[PDB]
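Read the structure below first, then the notes.
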2 protein chains.
Amino acid sequence: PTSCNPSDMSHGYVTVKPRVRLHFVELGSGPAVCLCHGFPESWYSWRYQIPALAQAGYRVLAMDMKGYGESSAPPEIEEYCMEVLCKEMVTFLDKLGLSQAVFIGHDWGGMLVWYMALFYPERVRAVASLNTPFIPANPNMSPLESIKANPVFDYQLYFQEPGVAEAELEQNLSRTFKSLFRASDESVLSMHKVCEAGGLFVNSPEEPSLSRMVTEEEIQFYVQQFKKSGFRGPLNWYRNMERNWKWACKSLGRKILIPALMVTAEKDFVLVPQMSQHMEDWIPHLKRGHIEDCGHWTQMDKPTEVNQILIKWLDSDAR
Amino acid sequence: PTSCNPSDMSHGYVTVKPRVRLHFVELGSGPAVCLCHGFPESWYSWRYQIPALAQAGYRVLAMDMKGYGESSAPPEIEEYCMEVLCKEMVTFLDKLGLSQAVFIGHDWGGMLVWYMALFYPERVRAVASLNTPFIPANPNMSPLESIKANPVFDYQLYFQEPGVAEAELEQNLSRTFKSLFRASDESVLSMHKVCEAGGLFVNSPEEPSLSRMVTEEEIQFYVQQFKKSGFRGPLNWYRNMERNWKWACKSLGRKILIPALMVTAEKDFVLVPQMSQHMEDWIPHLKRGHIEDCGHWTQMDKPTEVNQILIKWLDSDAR
Ligand SMILES: CC(C)(C)NC[C@@H](O)COc1ccc(NC(=O)NC2CCCCC2)cc1
Ligand SMILES: CC(C)(C)NC[C@@H](O)COc1ccc(NC(=O)NC2CCCCC2)cc1
Ligand SMILES: [Mg+2]
Ligand SMILES: [Mg+2]
């Protein structure tokens, strides 16, 4: 599929708060489609979707999420809770004069677009998530308990202490992204042993091989982007679990009534497909896609299948 | 009418050439409408049209023309001929993924959108010009002769020598814009006596009064914008008369077949309405608007009337 050259894109900048601007690349004409990436990624993670969605007749706005790339990375940890992040994306639409837009997210971006649809459905024409399910908050057990119930999320505990995960992820940026951006059959890490091994990469190659999904040039773009603000901002998305839990509990009971799409990935061993099993009970108009042989990095693992699913769903339920 | 706060706008940047980027503000959703200002102005000259057109259901792209504001101001004089300027606006649409857009221009921007429609009609959905008529190039008499035939254009001769007009216009920026941005009944200068008086302002107040059209805050925005690159870039639009004449002659004979609108201003004593008298012979689908009591600075002189005319024409012939 056609990819993106960063130097030949239109770059937009919107100030949503005194010291917080958001950066995005923009391509195409038609209904506004806002793409929201995950951790630890970039607008560039949508490089295969941006020209395809624009050619299909949509105005693509691929964001650099707060803390990433050319977007502002404020220092405060609480600036990265879901309530603040969602309200700024509403201000983002306000400054652009957009009454609403289709929101498509992946990983942490998928969690954001779910709460945009949940708390601001009047501003979301349609919502789609890759890998990330929508599970209503349990007002009876803390996020500290729900993670201890699933050992796959032990890496999230290693991400909590500010400065610890930053030192490992920023020590060798090329090694960091070559070790993370891998197909499921090429994976070189276990999210189980992280807090027992003392880090994500300590039992991984220090000169890892290049995954079949990416080139050296694409890796170096991520390296150059994360030299701007580091990993603190991105990691702060994980450091508001209780805050996000209080906020999500304030919506309990209500359903998401707008058109929605859940795309599961067969080989995402963290955001597994069965975590989305009963989202239809909360999202009546939910449609589904499923990509076999697809790991966590859905957009670059199976870009063609992602483009097919999104364009088919956009043309039918979002137009 | 609702105006624009510069700090609350979405700002876009597109690189159209190695050392040349174009800056624009963007508001609204719908068909793309590209606004092109004149000399010596800014995207801010459309401040009353941008929210109105966006509310009417259009995606407004208000440019900072090359040499102005946050757009690049390359040093070469030939970089401001109409052929180069038009080709970059095509590249501008290319980078944004826009198959075409409605082009609306005023003054030198109106001259540009006419040649965009003339040479690139496949990229112009519809074209509208304020004050500036479309007169086909006479391949028999030079631009040096056509100006000597109309003494109103003597100021253009004063603008030819690089550095001379720059020194007068940049000496006191507040005085420059307060003296220029005036209603026709408040005018304080004669474009007739300029090359005989040795300048535009030499017979004008050195502490001129504030015109009823503008506030001190709006004047100071123009002052701050022109501190970036000065007046050379803007003045270079006038310094390619023969080059623009050769290029326009290469299209001789052909008509503009796309929807078009010519808006004349009753009190524009330079771009007088009768200069547009027989544009229908070259533009078969030309529609017209006329604003009484309106001087050269059409957008800020009669913003309400401009909004009414443009939205009515956009909804009927551009949608
Ligand atoms: C965890 C849970 C018990 C459900 N509660 C916490 C949840 O409320 C927080 O929401 C999240 C949503 C999505 C993600 N995605 C990732 O962690 N992807 C990683 C995959 C392996 C490589 C690095 C990135 C994380 C958190
Ligand atoms: C001049 C002609 C004989 C027709 N040939 C030259 C033409 O081909 C060049 O095209 C132009 C089109 C529009 C303008 N507008 C202005 O000069 N507006 C000024 C008004 C008074 C205050 C300062 C700005 C200038 C040149
Ligand atoms: Mg059920
Ligand atoms: Mg005739």
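Below, read A as the first sequence line, B as the second, and so on, with proteins coming before strands; counting in each chain starts at 1. Both counts, for ligands and for their atoms, begin at 1 and track the order of listing. Heavy atoms only: backbone and side chains are in, while hydrogens, waters and symmetry mates are out.
Counting heavy-atom pairs under 4.5 Å, the chain with the largest count for ligand 1 is, by its name in the PDB entry, Bifunctional epoxide hydrolase 2.
Drug at ligand 1: R-talinolol. Other chains within heavy-atom reach of R-talinolol (ligand 1), distance under 4.0 Å: A. For the residues A:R182, A:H296, A:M241, the heavy atom positioned nearest atom 7 (C) of R-talinolol (ligand 1) is part of A:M241. Backbone and side-chain nitrogen or oxygen atoms of A:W108 are examined, and none is located within less than 3.5 angstrom of a nitrogen or oxygen of R-talinolol (ligand 1). For chain A, the UniProt active-site residue nearest to R-talinolol (ligand 1), measured heavy atom to heavy atom and given to 1 Å, is A:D107, 2 Å. Looking at R-talinolol (ligand 1), you'll find an N or O of A:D107 within less than 3.5 Å of one of its N or O atoms.
Counting residues of chain A in contact with R-talinolol (ligand 1), the top UniProt domain is AB hydrolase-1. Of the polar atoms of A:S146, none of the N or O atoms is found under 3.5 Å from an N or O of R-talinolol (ligand 1), judged by distance alone. UniProt substrate-binding residues of chain A with a heavy atom under 4.0 Å from R-talinolol (ligand 1): A:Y155. Within the 4.0 Å heavy-atom cutoff, A:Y155 counts among the residues contacting R-talinolol (ligand 1). Near A:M191, with a cut-off below 4.0 Å to any heavy atom, the atoms of R-talinolol (ligand 1) are 21 (C), 22 (C). Not a single heavy atom of A:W245 sits less than 4.0 Å from an atom of R-talinolol (ligand 1).
Neighbouring residues of R-talinolol (ligand 1) under 4.0 Å (non-hydrogen atoms) are A:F39, A:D107, A:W108, A:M111, A:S146, A:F153, A:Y155, A:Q156, A:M191, A:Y238, A:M241, A:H296.
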